[PDB]
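The structure to be discussed contains (R)-naproxen.
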Amino acid sequence: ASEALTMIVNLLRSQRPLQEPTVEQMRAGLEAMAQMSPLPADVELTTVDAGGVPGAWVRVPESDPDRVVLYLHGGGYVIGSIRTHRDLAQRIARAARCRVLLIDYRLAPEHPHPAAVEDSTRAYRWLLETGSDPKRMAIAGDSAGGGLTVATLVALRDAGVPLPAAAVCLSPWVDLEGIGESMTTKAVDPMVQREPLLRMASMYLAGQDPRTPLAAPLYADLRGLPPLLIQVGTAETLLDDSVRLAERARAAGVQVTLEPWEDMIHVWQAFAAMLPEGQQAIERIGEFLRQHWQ
Ligand SMILES: COc1ccc2cc([C@@H](C)C(=O)O)ccc2c1
Ligand SMILES: COc1ccc2cc([C@@H](C)C(=O)O)ccc2c1
Ligand SMILES: COc1ccc2cc([C@@H](C)C(=O)O)ccc2c1
Ligand SMILES: COc1ccc2cc([C@@H](C)C(=O)O)ccc2c1
């Protein structure tokens, strides 16, 4: 892997807090980390009300406005914002030559499950309402937002809503009990530890069964989902979330591409400004999306 990978891993290991962070400290910490990736001058961000869910359109000069990704940010269903994920969104808009609708879906512990899935499905329905064509749409997201991408598809399908052309999961989180083999064997992963992840799961579930399918889509019915790209790093505690998801989706007849990136860490694409493999993974997202929009 690139020398940049070892630099990022060493920085993250050195900066991990010595006391369990509060929700406020985690939100502020991620906002601080995301402010170090500055927004290129050619990115246009437009604040919008996505049918009752706050959002921002993200586009670049080469964006085809008829092509839309609904982007669901990560953060354990507890942290993250339009500001934390706007760099990943603009990189995807640029590679996929599309616009991205980034939504500020409701977060736990203030708004437990199923508020996040209510917001993602409402935003998608609003895109169809305002004239977006499912054949030129995709849903994408990272970690919690990768889990929420699968849950959103399941919930739309069950409601009889037309599904988009494709979906993209970046290091998806689909097992809210952390019982994947890698959630032990990969403990090489400086940003996802079992205990804090299960703390975020507890806040999202608010006493609901940790196998509730729209919260933990490892237990959802995935039949009829559109083509799925899963990008995951081999140095991830969530590796076996992506492996188990691919297995389940393929068994349900979904056209799955599982891309395991050797030695990559959790949502390495978020570090694309300085990590070559992060930009290379985002170019591959753009290629996958344009292939399914043809
Ligand atoms: C800047 O470097 C880090 C690295 C890992 C982190 C992990 C957490 C959470 C999951 C935690 O440790 O409870 C928070 C901040 C962090 C900051
Ligand atoms: C326990 O107290 C802390 C101390 C530092 C923290 C830093 C972060 C940021 C930088 C992060 O998310 O990486 C978050 C929570 C934190 C909590
Ligand atoms: C450098 O900029 C970032 C921006 C967002 C990030 C988000 C994550 C996790 C919490 C996520 O997938 O939401 C990690 C690193 C990140 C780095
Ligand atoms: C505490 O650990 C880190 C490590 C790498 C980081 C890289 C970025 C920028 C340059 C990025 O690649 O987007 C920001 C925060 C970071 C925090």
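All residue numbers refer to positions in the sequence shown, counting from 1. Read the numbers this way: they start at 1 and go in the same order the structure lists the ligands and their atoms. We use all heavy atoms of the structure for the numbers below, so side chains are in, but hydrogens, waters and symmetry mates are not. Looking at the header, which is where the method is noted, we find X-ray crystallography, 1.7 Å.
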### Task
Tell me which chain touches (R)-naproxen (ligand 4) most, using the name in the PDB entry.
EstD11
### Task
Identify the binding-site residues of (R)-naproxen (ligand 4) at 4.0 Å, heavy atoms only.
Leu11, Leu12, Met33, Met36, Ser37, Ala270, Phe271, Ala273, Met274
### Task
Could you say whether the N/O atoms of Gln15 and (R)-naproxen (ligand 4) ever approach to under 3.5 Å?
no
### Query
atom 7 (C) of (R)-naproxen (ligand 4): which protein heavy atom is closest, and how many Å away?
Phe271 CD2, 3.8 Å
### Query
According to the deposit information, what organism does chain A derive from?
uncultured bacterium
### Query
Can you list the atoms of (R)-naproxen (ligand 4) that are under 4.0 Å from a heavy atom of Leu12?
2 (O)
### Query
What neighbouring ligands or ions lie under 4.0 Å from (R)-naproxen (ligand 4)?
ligand 1 ((R)-naproxen), ligand 3 ((R)-naproxen)
### Query
Considering only heavy atoms of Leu11, which atoms of (R)-naproxen (ligand 4) have at least one such atom less than 4.0 Å away?
2 (O), 4 (C)
### Atom indices of (R)-naproxen (ligand 4), in the order listed, that fall short of 4.0 Å to a heavy atom of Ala270
13 (O)
### Query
Of all the atoms in (R)-naproxen (ligand 4), which lie at a distance below 4.0 Å from a heavy atom belonging to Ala273?
11 (C), 12 (O), 13 (O)
### Query
To the nearest 0.1 Å, how far is atom 11 (C) of (R)-naproxen (ligand 4) from its closest protein heavy atom, and which atom is that?
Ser37 OG, 3.7 Å
#### Entry: atom 16 (C) of (R)-naproxen (ligand 4) - nearest protein heavy atom and its distance
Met33 CG, 3.8 Å
